[PDB]
**Q** 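For reference, this is Integrin alpha-IIb heavy chain solved together with fradafiban.
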Amino acid sequence: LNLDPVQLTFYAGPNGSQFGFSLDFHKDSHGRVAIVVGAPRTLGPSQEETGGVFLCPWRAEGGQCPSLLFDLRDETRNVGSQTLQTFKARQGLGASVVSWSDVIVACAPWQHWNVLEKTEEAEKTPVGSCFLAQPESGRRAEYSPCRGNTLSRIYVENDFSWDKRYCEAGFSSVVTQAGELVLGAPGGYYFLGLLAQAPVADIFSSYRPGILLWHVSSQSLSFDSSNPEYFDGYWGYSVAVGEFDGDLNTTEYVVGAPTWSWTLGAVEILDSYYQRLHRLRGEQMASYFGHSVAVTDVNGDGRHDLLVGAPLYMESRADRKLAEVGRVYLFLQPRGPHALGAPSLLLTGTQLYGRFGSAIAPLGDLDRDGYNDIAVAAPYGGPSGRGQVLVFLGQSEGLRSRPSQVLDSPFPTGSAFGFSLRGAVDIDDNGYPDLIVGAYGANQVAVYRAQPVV
Amino acid sequence: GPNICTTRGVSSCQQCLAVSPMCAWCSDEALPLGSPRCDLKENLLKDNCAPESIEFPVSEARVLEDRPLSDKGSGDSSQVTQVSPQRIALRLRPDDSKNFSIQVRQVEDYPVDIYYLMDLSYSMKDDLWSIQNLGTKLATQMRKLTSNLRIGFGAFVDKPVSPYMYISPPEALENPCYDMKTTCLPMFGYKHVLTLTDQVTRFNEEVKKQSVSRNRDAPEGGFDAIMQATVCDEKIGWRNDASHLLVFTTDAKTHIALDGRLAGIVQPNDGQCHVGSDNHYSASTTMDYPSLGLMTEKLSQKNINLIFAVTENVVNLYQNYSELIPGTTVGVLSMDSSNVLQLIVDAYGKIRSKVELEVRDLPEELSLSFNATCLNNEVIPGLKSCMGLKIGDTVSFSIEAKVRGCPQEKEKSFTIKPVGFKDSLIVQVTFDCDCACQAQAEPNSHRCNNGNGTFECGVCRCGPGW
Amino acid sequence: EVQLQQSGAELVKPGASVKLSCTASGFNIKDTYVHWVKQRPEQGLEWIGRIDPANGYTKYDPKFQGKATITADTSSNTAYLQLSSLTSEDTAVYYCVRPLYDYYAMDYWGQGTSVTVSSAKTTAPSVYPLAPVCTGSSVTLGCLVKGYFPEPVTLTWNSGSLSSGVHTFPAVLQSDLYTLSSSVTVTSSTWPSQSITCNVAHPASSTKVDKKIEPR
Amino acid sequence: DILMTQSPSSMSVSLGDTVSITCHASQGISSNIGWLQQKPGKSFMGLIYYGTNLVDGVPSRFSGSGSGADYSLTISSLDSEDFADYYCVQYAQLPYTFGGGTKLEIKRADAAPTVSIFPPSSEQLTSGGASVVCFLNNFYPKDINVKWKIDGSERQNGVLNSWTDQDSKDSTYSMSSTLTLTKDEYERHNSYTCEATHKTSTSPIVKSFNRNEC
Ligand SMILES: *[C@@H]1O[C@H](CO)[C@@H](O[C@@H]2O[C@H](CO)[C@@H](O[C@@H]3O[C@H](CO[C@H]4O[C@H](CO)[C@@H](O)[C@H](O)[C@@H]4O)[C@@H](O)[C@H](O[C@H]4O[C@H](CO)[C@@H](O)[C@H](O)[C@@H]4O)[C@@H]3O)[C@H](O)[C@H]2NC(C)=O)[C@H](O)[C@H]1NC(C)=O
Ligand SMILES: *[C@@H]1O[C@H](CO)[C@@H](O[C@@H]2O[C@H](CO)[C@@H](O)[C@H](O)[C@H]2NC(C)=O)[C@H](O)[C@H]1NC(C)=O
Ligand SMILES: N=C(N)c1ccc(-c2ccc(OC[C@@H]3C[C@@H](CC(=O)O)C(=O)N3)cc2)cc1
Ligand SMILES: *[C@@H]1O[C@H](CO)[C@@H](O)[C@H](O)[C@H]1NC(C)=O
Ligand SMILES: [Ca+2]
Ligand SMILES: [Ca+2]
Ligand SMILES: [Ca+2]
Ligand SMILES: [Ca+2]
Ligand SMILES: [Ca+2]
Ligand SMILES: [Ca+2]
Ligand SMILES: [Cl-]
Ligand SMILES: [Mg+2]
């Protein structure tokens, strides 16, 4: 409602670097807010795409940003009569970024990995890897829970059980308030998908450069399954956390599986031990139900509510015809120990192929009325197809069915304006939470400052 | 007695006809002061109104083109007729309605294009062997239904990129079957093999030179191939006047839009053709799989009839996709494609077993209603689609157009066309709301308030600006 | 905390078999590799092999191929090392090791299991007094413990009274039996002025003999 | 297999010194080396992994360094707990191999030993054996040589030696030599001697007795 669409702020990266593919706010030890931006096709040293991360100080004018430097060199270790190998070419560093406390977690989901033992090998597969940084001190660390040293022949003998070679860990990322990093790995267990959790402090303390294969004892990975409903489900495409069981000491996980049960799509709510509490099934096949999940209390009862995006949902129209427009589902958490019922509200896009619901950002309380609000993105929507971000305000009965404000893309055609969103942080310190929007197609980020309600 | 034409008390010839389709206007000078000028045509002549000064438009419908339905789609140079009439003239007065008919025939011996788009992953190695004679076997069976048969062939596996594709050792790129004890082709997304031709022995010989590849994940990139086989008309060689059949065979799940993000691919499918001179899909490693919505739009645009010939283990999956892509047929393929021949013939019978009408460019103020005559002269009101037809059957529809008020544009035209058919009925509509005597009005007449008004059709109207 | 608690010391005969254990404490045995290392005073440390308890896949040094068999039961959180066709040269201390962070390291160690292979039966020692020959300011006595099996033996002077100025030497293997000796040093005005006794306890055969030293 | 040459075999140092153990491999191992510690009569404790990295809980006075095939463990300012055994281990290739070991020992001033000879007891002679015991107590350094002589002539068959660890009090070593003969062979001769060769005296310290005579 009260986002200023006139005086925007634009940050920009190098051409073709996909600057803005992912973003987040970052507060330093002094509470100063900055913006961390991933650019998963930033050129490395060998003039080859490796990705990169930028840490942008807040300026009303915007501009260029300094790089948050990471080691982009391929690594090799000859240990235990074996040869360990990491390959950082086309790894997509910055395909997801997330900040917690004074720590930045940037992930390269397509970093490849292989192990050689004489004439056998583990196969060069994308296990993924995340890089951690404390910008004020200069500390660095890595976390790659799917790296293994099992040779290819063994996987075939054991029939590919517990095969973590294609995890692509870091595809999606989130950090609990207690500091436990939760990584989505949609390719784990032969494209079933897995989740990896470990404390941030233990990642830093148990990491040494050049080891390549090391243990994090406090880590916890999800479990393989023989149920075909999970086959090629990409369980872990999107991840989020919240409180859904009434006990405030436990933290619950929300996992998107957009091709679960033969492309039906599903979202599951689990405890910290990966035991399933609820499962929201998709409505329409190939809609990619679970492409994006968001957690925030919208109706102001203190109980977190769940939002699910299905950006390929095809709406029914006249003459038995279907129009791919996208849809968002709202689930309000009931009072006490009860199951999440049918959706409380259906928000459906308008522009054909607009992919409404591709990104959902909790905004906090934008208009300061007492109810939290959200932003939904249609990266190819709007009358021109340049992209749209729609703001929906919270109310006592859930959300308003019509938007309160619509942000049209200030970038040319094909910028994917809205593909990545982040809100609920006051960056200019005026008392109102603000919204950053990524447009990786144009290699830019736009900052919308919230203003007093007109 | 007084009717709605009198009791409304109209002011002009134009407002008179707008009351009801039954009213008329009398533009005669010699007319009593107390007698109204806007009555039924019977009452006006009863009151000695000159028959030439009577404005009474009658809604009608006359045919302009009316070729006969052809008996054989064979021969001719797209001169086959399957819809009759092809063009009619329509004239409607305000708030009136008129009816007309249209005949549709599923013509016998109509040319056919069949493009065989085959999964060539490692599990299809046995299937390739059992269709070596298909081109001649199929030419024998379709010869009973048509005399213009053209067949082609394409092949797909998946996006040749990690992690779908093995990328180690270096040998595995040239031969993915390296760690086995055989040789197979390097990975390929989709390759066009044979342009649609009537020389069916070219099919057998191109098939005998084909071989399979091998990838890592069960879902295959078939939808990438369906898209390219559709939007690349000139390379596949679809004919203009022919039933286009796209046979899609696979024994596994398929990738859908947004799956490509697991390979670093985020650019949406642009629905354009990207098969160059090398006959390989060049955007396979840079462009995401197509979405069901985008496939539907292109299949409908090119009049392609997609056929899902899949094995039992994935029939339910593709039956559900078929529900989301109208006009699609499903058949149960055997584990070696040995039954693919009969599967194709039954699909062609099921495809042409339906006639469904569609309306394009209908003006906002026009509304239609349909009555269908399927089977033996059995009228079905409120329906616009017949089912259960055989090659050579003929159906007909009764249509009624109802106009609301009078639109600004006095001439519009819309189309009635069966789904997938080449011919169509063009309905040229003309809204007759004006009077012929308005073309001979007297602006600034001496008879009307010392020139302050205009004399038309025998009455005084206020001039412009008043 | 990480702690590896192994089985107690074993005492076996040649040609027989023994199965050692290594129980994980404060963690899951399935987490990392588990090695076994053999230690002897002369030959030093030797690496036997490893096992991944998650799947049961083992590696071995070709030297131990045949005698060593490594297994693991994730249920009891315990790893095992079985030795077969035991020999005199298999008498050693055996440790189980696991790494800290590095997948291939050797950081945390159990307390060790003492293995002794011998055909000797449970024999009681022979305690002999060692008085000097027929002068100075210091005098030194002795006590000889010969031909006992198995280890160990506790040795005190005057029942733990005279403690300072004593040297008890490590036992030595003399033809399948053990021999131990101890000396004590005092002043000339103490002996033979004060009675000095040699207390030897062999709890295996349950004998506590005492020999008082007498001059010549 | 990879041979681990660890040097020196032992060193005599004091509290507060800065010492350096070295380990040399038969080929490059690229920092794939670990360092171990075994306190007297106890188990092992890890010190270094991957060449330079401290194990959790180890004080910072330890440090590892080196590359290729030559590595070094250094202890800055020795503590009283640091006197123990130390081993290097490589895991660059299977099988894992260890170094010979290095023992840190307390340094002090030299001290000549207190020799003492003891004829066979009355009880042992009546049973059929005869053991002459020779005690060599409290000396430094540890390097010592014992020699048995029967009627002035050297004897090497039937000797049984035993040493103690460095004493906790005075930091000296001690040794026990035992010559065992039959009763019949013990009486064929008259003079029994054990000579002690230490660096504290160019002349061997001699102690002996004569059978029957006392
Ligand atoms: C292709 O598409 C078809 C239809 O779109 C799918 O078939 C349906 O699958 C769903 C899920 O498996 C089935 O839903 C279940 O319905 C049961 C009741 O069915 C009765 O009623 C229907 C008419 O509505 C009849 O046709 C049917 O024969 C029965 O008489 C419920 O009992 C089930 O509820 C239980 O299970 C769900 C999870 O499955 C739990 O969440 C619930 O809490 C509860 O425990 C369930 O709702 C549906 O019946 C199926 N229809 C048909 C016709 O088969 C295919 O699965 C799909 N295939 C692929 C490969 O995509
Ligand atoms: C389609 O069929 C319906 C019958 O269900 C027709 O409706 C009737 O048409 C007659 C025509 O004389 C009227 O007398 C009836 O009053 C109509 N009944 C209704 C409208 O309920 C309809 O006219 C037919 N239309 C066409 C275009 O054929
Ligand atoms: N998490 C689990 N429990 C789990 C889940 C799935 C799988 C799994 C493994 C291998 C599969 O097959 C791949 C290719 C396809 C085909 C030929 C081609 O198309 O190239 C061929 O032969 N191999 C399919 C599925 C294993 C384990
Ligand atoms: C229109 O309908 C009338 C009666 O329903 C019928 O007599 C007439 O033939 C119809 N017109 C056409 C063109 O079919
Ligand atoms: Ca909780
Ligand atoms: Ca709520
Ligand atoms: Ca609000
Ligand atoms: Ca603000
Ligand atoms: Ca087959
Ligand atoms: Ca595939
Ligand atoms: Cl047709
Ligand atoms: Mg296949």
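Below, chain A is the first sequence line, B the second, and so on; all start at residue 1. Note that these values count all heavy atoms, side chains included, but never hydrogens, waters or copies made by symmetry. First listed ligand is number 1; within each ligand, the first listed atom is number 1. This entry, so its header tells us, was determined using X-ray crystallography, 2.7 Å.
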**Q** List the ligands or chains that belong to fradafiban, copies included.
**A** ligand 3
**Q** Tell me the other chains with a heavy atom below 4.0 Å from any atom of fradafiban.
**A** A, B
**Q** Listing by number and name, what other ligands and ions are under 4.0 Å from fradafiban?
**A** ligand 12 (magnesium ion)
**Q** Just wondering, how does the entry name chain B?
**A** Isoform Beta-3C of Integrin beta-3
**Q** For fradafiban, which residues make up the site at a heavy-atom cut-off of 4.0 Å?
**A**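 At that heavy-atom cut-off, the site is A:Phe160, A:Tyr189, A:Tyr190, A:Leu192, A:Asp224, A:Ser225, A:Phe231, B:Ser121, B:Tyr122, B:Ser123, B:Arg214, B:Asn215, B:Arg216, B:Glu220.
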